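Have a look at the structure below before the remarks.
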Amino acid sequence: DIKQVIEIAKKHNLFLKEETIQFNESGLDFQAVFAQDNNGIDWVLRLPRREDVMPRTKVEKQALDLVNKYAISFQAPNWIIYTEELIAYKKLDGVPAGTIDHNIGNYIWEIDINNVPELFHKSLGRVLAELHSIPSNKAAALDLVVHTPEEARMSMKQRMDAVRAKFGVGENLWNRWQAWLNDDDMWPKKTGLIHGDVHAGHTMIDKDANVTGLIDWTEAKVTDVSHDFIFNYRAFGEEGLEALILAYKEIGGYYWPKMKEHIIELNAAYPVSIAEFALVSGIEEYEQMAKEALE
Ligand SMILES: CC[C@H]1OC(=O)[C@H](C)[C@@H](O[C@H]2C[C@@](C)(OC)[C@@H](O)[C@H](C)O2)[C@H](C)[C@@H](O[C@@H]2O[C@H](C)C[C@H](N(C)C)[C@H]2O)[C@](C)(O)C[C@@H](C)C(=O)[C@H](C)[C@@H](O)[C@]1(C)O
Ligand SMILES: Nc1nc2c(ncn2[C@@H]2O[C@H](COP(=O)(O)OP(=O)(O)O)[C@@H](O)[C@H]2O)c(=O)[nH]1
Ligand SMILES: [Ca+2]
């Protein structure tokens, strides 16, 4: 694989320090290779795991084009090389806030989970408010999923019905979901460009736990911004959720009075996502997580 990497890089006019090549296999869509070029700059090489690379990454690249065009408070991958055989970009500054350990079923944290630095929330709030305000509507030909506020609500309604039809859903959980769907005042009246897979493994931080970059824009779309807040709630609890909401609101992010409550209900719909992923991915672990999560 190392020899293959060097050759693939060479074909794309990328020349590496062989001794620096390291593999990261945590991605389900790409093998990721870290390597320095001959000027000592750190690169990430995305080697696709499945065919039809161009069609399958078109959406992500459109989102990255928007972020690279508009955003200044955080870095996002800037694909200098982009072919069916290789995506390569300069590695973002900083390190992941945490990485998922699948055996343990939780994070290996770079930050102190018992004393989370308040700068993490302040900086993530800035990042998300900037991201969610990007004017995606100004693009001439976007292939991203784009929802109005009403469409985002109907999307959830439909996704829930589809999960119910295939997996079934416990009566009380279903009723909670429906109460959320039916409560007008809880739903946001603005949507935005989201990252869609915001979590510690994708949030790059500096030594002070400032979020300085976001990787992996596979799930980018224009919809309810709430999905980008779920990680804070699940990792840090209500306090971390409140801190992020506060920072986001105060820097000018779209805020509505029931935003926290809405995000908590979205968190209660976590099983929808697990069930969907089980279906598309065929990964046994997600199938069993889905069965237990749906009750
Ligand atoms: C707290 C600690 C837990 O972290 C979370 O709850 C975060 C906050 C989830 O994101 C939350 C929040 C959010 C928005 O994703 C960031 C949401 O979509 C998912 C379902 O749950 C993560 C990351 C999920 O991943 C995402 O699952 C998607 C179905 C696909 C997505 N990706 C490959 C396309 C992928 O990253 C998912 C399912 O939990 C991963 C599996 C492996 C786990 O069950 C692990 C062990 C988690 O319980 C966790 C680490 O312990
Ligand atoms: N530290 C760091 N890790 C990265 C970077 N880019 C990718 N990775 C790692 O490589 C993994 C796979 O790349 P990613 O684009 O997420 O691929 P996917 O998960 O298959 O869609 C990521 O989840 C990270 O763990 C980067 O700029 N910095
Ligand atoms: Ca990833």
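Along the sequence shown, residues are numbered consecutively beginning with 1. What you see below is based on every heavy atom in this structure, not just the backbone, and it leaves out hydrogens, waters and symmetry mates. Heads up, header says this was done by X-ray crystallography, 1.5 Å. Counting convention: from 1, in listed order, for ligands and their atoms alike.
The drug or candidate drug modeled at ligand 1 is erythromycin.
Of the chains near erythromycin, the one making the most contacts is recorded in the PDB entry as Macrolide 2'-phosphotransferase II.
Against a heavy-atom cut-off of under 4.0 Å, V198 is close to the following atoms of erythromycin: 16 (C). Using a 4.0 Å cutoff on heavy atoms, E285 does not count as a contact of erythromycin. Checking only distances, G105 does come within under 3.5 Å of erythromycin, N or O to N or O. Every atom of erythromycin is numbered from 1 in the order shown, and the set under 4.0 Å from a heavy atom of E219 is 34 (C).
Between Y270 and erythromycin, a contact under 3.5 Å exists for at least one N or O pair. Across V280, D197, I283, heavy-atom proximity to atom 35 (C) of erythromycin is greatest for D197. Under the 4.0 angstrom criterion for non-hydrogen atoms, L28 is not in contact with erythromycin. Atoms of erythromycin lying under 4.0 Å from any heavy atom of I274, numbered from 1 in the order shown and given with element: 38 (C).
Remark: erythromycin and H227 share no N or O pair separated by less than 3.5 Å (distance only, no angle test).
Remark: among candidates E276, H202, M289, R234, the nearest residue to atom 5 (C) of erythromycin is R234, based on non-hydrogen atoms. Of the other ligands and ions shown, none has an atom under 4.0 Å from erythromycin. Between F277, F231, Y286, it is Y286 that holds the heavy atom closest to atom 25 (O) of erythromycin.
Among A235, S273, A275, the residue whose heavy atom sits closest to atom 20 (C) of erythromycin is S273.
Heavy-atom contacts of erythromycin within 4.0 Å involve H102, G105, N106, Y107, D197, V198, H199, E219, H227, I230, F231, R234, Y270, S273, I274, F277, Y286, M289.
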